[PDB]
Asker: 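This structure shows gemcitabine in complex with NupC family protein.
Convention: sequence-line order gives letters A, B, ...; per-chain numbering from 1. The figures that follow rest on heavy atoms only: side chains count, while hydrogens, waters and symmetry mates do not. Just follow the structure's listing: the first ligand is 1, and inside any ligand the first atom is 1.
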Amino acid sequence: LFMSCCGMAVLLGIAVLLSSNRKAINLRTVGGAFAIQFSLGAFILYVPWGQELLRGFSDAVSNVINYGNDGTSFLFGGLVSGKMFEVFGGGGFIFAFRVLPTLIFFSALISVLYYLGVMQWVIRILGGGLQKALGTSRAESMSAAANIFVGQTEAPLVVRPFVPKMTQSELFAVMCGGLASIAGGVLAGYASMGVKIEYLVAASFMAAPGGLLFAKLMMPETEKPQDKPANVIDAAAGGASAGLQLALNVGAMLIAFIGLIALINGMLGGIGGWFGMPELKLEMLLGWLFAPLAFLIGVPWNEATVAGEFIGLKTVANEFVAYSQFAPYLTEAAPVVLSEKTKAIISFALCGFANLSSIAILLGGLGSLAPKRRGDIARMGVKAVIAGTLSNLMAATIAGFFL
Amino acid sequence: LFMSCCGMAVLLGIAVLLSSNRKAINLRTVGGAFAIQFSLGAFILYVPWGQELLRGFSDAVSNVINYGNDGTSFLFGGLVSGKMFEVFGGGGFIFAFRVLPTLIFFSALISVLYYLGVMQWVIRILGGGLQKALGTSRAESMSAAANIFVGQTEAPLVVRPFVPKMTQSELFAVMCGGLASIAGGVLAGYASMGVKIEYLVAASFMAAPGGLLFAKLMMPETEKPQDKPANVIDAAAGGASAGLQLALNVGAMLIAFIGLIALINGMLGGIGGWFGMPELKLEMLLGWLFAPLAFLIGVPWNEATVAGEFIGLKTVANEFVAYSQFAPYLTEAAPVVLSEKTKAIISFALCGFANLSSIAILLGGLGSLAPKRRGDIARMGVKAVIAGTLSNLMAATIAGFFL
Amino acid sequence: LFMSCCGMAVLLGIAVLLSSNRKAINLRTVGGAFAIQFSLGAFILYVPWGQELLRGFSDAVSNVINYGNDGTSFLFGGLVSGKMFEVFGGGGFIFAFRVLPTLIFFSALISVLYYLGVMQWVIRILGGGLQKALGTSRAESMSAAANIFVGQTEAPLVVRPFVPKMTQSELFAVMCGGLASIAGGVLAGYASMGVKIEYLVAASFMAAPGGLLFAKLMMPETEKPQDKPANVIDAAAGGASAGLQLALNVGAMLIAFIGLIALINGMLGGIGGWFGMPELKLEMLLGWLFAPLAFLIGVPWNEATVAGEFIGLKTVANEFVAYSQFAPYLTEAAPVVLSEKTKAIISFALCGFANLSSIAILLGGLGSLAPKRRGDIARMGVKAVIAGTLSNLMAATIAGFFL
Ligand SMILES: CCCCCCCCCCO[C@@H]1O[C@H](CO)[C@@H](O[C@H]2O[C@H](CO)[C@@H](O)[C@H](O)[C@H]2O)[C@H](O)[C@H]1O
Ligand SMILES: CCCCCCCCCCO[C@@H]1O[C@H](CO)[C@@H](O[C@H]2O[C@H](CO)[C@@H](O)[C@H](O)[C@H]2O)[C@H](O)[C@H]1O
Ligand SMILES: CCCCCCCCCCO[C@@H]1O[C@H](CO)[C@@H](O[C@H]2O[C@H](CO)[C@@H](O)[C@H](O)[C@H]2O)[C@H](O)[C@H]1O
Ligand SMILES: Nc1ccn([C@@H]2O[C@H](CO)[C@@H](O)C2(F)F)c(=O)n1
Ligand SMILES: Nc1ccn([C@@H]2O[C@H](CO)[C@@H](O)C2(F)F)c(=O)n1
Ligand SMILES: Nc1ccn([C@@H]2O[C@H](CO)[C@@H](O)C2(F)F)c(=O)n1
Ligand code: NA
Ligand code: NA
Ligand code: NA
């Protein structure tokens, strides 16, 4: 457990070194933020009552997923039935029909829960508890709590009239809240790929204090902060349309990226052959390079390289592509049998939208909420991705600690 | 037959009660409009020659559908072949590949028929006959006749330079013409789901006088009314693109709505359990609530509840979702064997875009044709949906009368 | 071989007759342009070393195609596996999952190769060699060389600040470069349909001098010519999104057009029956009408009619629809066994975006680069399509000559 605590120290250390003003770091804020994330981890991953609450929220999500599967079962019929496994076997699981439509249903549901005020009610509680404990501003705290369920570009919408005039520290924290977390739609998508829901739900909740933690470490507050569809069926329709667009984007990206990686590996096998390494692939490079990082967060020495392949791929590309390559390692047909703790660490370290491509996404979604602040987003973009990555790594170290 | 005639009376009665000026109702207009819709029903559903003309137009449509299926058979190959039924059985029918591509072909065809002037030629005849018999204005009569073949947002395009300056009664009638009818694309889609084409074609034609009927009952005229692609291949391309966008929208909606209903039923089973009704579902509620309405339009007492499930679902959601749940009741594997008359009544009462979500659609499509008239559309939106619903119910009562 | 040389003469003759100023035709330009296209044909289709270089570039493309297929194999699983052929046979090949996703991968790859400067490097060499040999301007020469790999609306992007002010001859040549060629995305798509890659690669390269040839014949220069994503992963993402949109457009078009042709044939069988020709179809008309044209470019007398069906369909619709009907003639289950030379001629004569529908496309893509020049594009549109068609026919005659 000493390797984990040192891992937490190193991650905190990098944040301080990369700070904009280490002397401006509020010790109440970053102290409690780490305290909450650690206590939350101790709660739902260690203590009996906390584990019972986590398995109860996950089973509820797992039921919602199955209910939404009635929709895709209607559209694609027997292509998503059980006979697909008899005829095709492992290839019977058609990713395009099994996972992608889940993004559509969950986007429509969340859109409904927003219209009913259910989402706002939960966000107001989680967000209000953070600002009264960390001293963070109202707007950045709501966006942090919102990011537990929705994406990086949808979370600030709950405080969109406060975005164009919020401080650079607030705006940075807003960027970090979305980079450290995921969305409810893709969450259910990853769960359909074999990723344990308990880990996804946990990592999503720990993202709110964790996102604020490294946001106020690398960018402390130095300024002075301040302070709809016609019906429920329209809300569902709008959410379904937004999910469809997302589902198409994710699908095209996976076809391209995986294909590109396959092209890269083919070239790496030829270039590597010139130096006596014809078996050279992208996984080997990412694995060999992220193995120390994986070893630092609590992954065993003999599993650090394989774990480095997935964590590295999540960074250089995105977490969806990483999960796509990590999903086979969660079944009985896995090429490498990993320990249950390592499976948890990778699941937590991948659960985040933290990647270089998300900077252009933050410029698009969050940038449209404050067009005169696009210059500040592009400037703090790199620092925000790093801050988001550290939050995922910390959540993985905490998870590995209590497991 | 006395229950049907009383049904017609009640439907007419509600329209008068909900009128904007019952004293301004032109008895020539609403008298002939009901006369035409009833005579049209008597024509193609009773008399020998009229039935021969209806079965001839439906077989032509059925052939066009099969011709368009050569396109989807090319793209999806064996996934839409006969071997799918051998391997999967009932689940062999893949809705996404069987029904959705039909929207693309029929949208491209109608776009072609517009370029050739074939559509305008038929509309000018049907629309001109209505205005000379009902006294309705030129523009609202053309949009009424256009709505037989095209959707609510495409029909007013034949009279789009007259929309921004037409009276509130004209604009309301335009809204009602599209709410009371469907489109040629989705028509072929419903036909591919097992819905009898003869009913769909009939209901589509009866929508023109029926739409004007309840438009001039709930909103009589109190003011004084007034009065392109480069080639045919481009027209087909533009229509195909519009159909594709529609096909994606419908598909995502069905995945979401059906999934949401599945989620609602799961919750209704838990909430209902608190009051000793664990088998409580959405179908039971909609059925129990729309049973008197179904019984009023001519559905037998022992079939009013089941029929109420579909009619209610068409209202609270849309007719596509309703048809999706009603389609299994048209096959030999139906959970409840319905009478041939009841099957007709449901088919006519569902054949319409009349739902609450269509108000936002009218604001989008029709609203773009008259941006300064969006306030009037949103105001008369609710009344227009009711007026559109009554037209479908009347067409169902007339159909049930002559059957 | 005398029929081929006469074919080249006739094609050149039509260009001179349709010229804007036959007396303004630069004999250095059009002389060398035909010389290069003919020599290029003599190079990679006749001489040993040239054939070895063509088979080497095609095998590289064929490997890239297979690497990209790892992406679609992930998304669609067993629907693109080998068991599909066992269960369905010929219908096992699902076009929607086999060919369409290739457009997505190749669009993402080209987008990456642009970010790395690899594309610009090759274009600068091929484009620079043309302008120093033909005397053509810098901008139109780069767009000509760019068109070898990318589409008609993407090629002028390498010289987009020179488009609004370039002469009518330059703008026309730019239009012709894209009409005479295809794109790298659809190229790999056609290759997946059975079309020989060697022919597609060859025709793509011969399009650059061939496009300029008939551009400076039908529109000689009479005036005086003048003279980015944040990272590589964003470039791949943007290219994947553009490919997805293209893949959806192509798919919807094929469903519609093939379905429309099926509808046309059904009507032609009824109309033709009135004149004692009930077997009358669209293929017969296009075949009987384009048979002299096919016979002129080097197709045997007994194969000119069948070849006329495909060439005609490429013109009246597009090359994708033509390739879709020509692809079965490349397998062992072909209804008509064609000679290897005829298979090459059709492959070269179809390899082009030259169709009437591309005028509206040039108005959209190229028109957005110069909004005040849309009037000139629409004016020279028809002449440009003809000029693009002649370039494909010439490349087919040259190919048939050396084979
Ligand atoms: C298919 C998967 C295979 C794995 C391949 C992994 C390769 C990753 C390459 C990353 O390259 C850098 O990414 C930054 C991302 O933004 C860019 O910064 C750009 O954007 C920054 C953010 O604002 C600015 O600070 C910079 O000035 C600006 O160059 C930068 O140019 C670019 O060199
Ligand atoms: C998945 C299927 C499950 C079945 C569920 C069925 C539930 C239906 C709920 C309908 O709710 C109402 O719908 C109106 C629709 O427009 C809204 O009116 C709104 O729009 C009207 C039209 O302009 C205005 O008159 C109103 O002021 C404005 O509130 C209104 O707010 C809303 O309460
Ligand atoms: C599914 C496949 C079945 C095969 C069917 C084949 C039928 C082909 C019909 C072509 O018709 C012409 O195409 C031109 C294409 O543009 C149009 O020119 C239009 O555009 C030109 C280009 O700018 C202008 O010169 C013209 O004035 C303008 O009429 C023209 O109107 C139109 O009559
Ligand atoms: N709601 C969502 C879901 C996804 N994404 C972007 O898509 C990538 C893969 O999920 C994520 O890495 C991404 F975050 F970049 C997004 O921006 N918003
Ligand atoms: N041409 C069309 C077709 C459909 N729709 C809308 O989609 C719902 C289901 O068909 C219809 O209920 C709807 F009407 F709302 C539309 O607006 N226009
Ligand atoms: N990159 C591309 C690819 C295709 N297209 C258009 O689509 C038709 C079929 O490929 C082509 O005929 C077309 F050219 F018209 C395009 O414009 N640009
Ligand atoms: Na989030
Ligand atoms: Na209509
Ligand atoms: Na090109």
Asker: Could you help me spot every copy of gemcitabine here?
Answerer: ligands 4, 5 and 6
Asker: Just wondering, which other chains does a 4.0 Å heavy-atom cut-off pick up around gemcitabine (ligand 4)?
Answerer: A
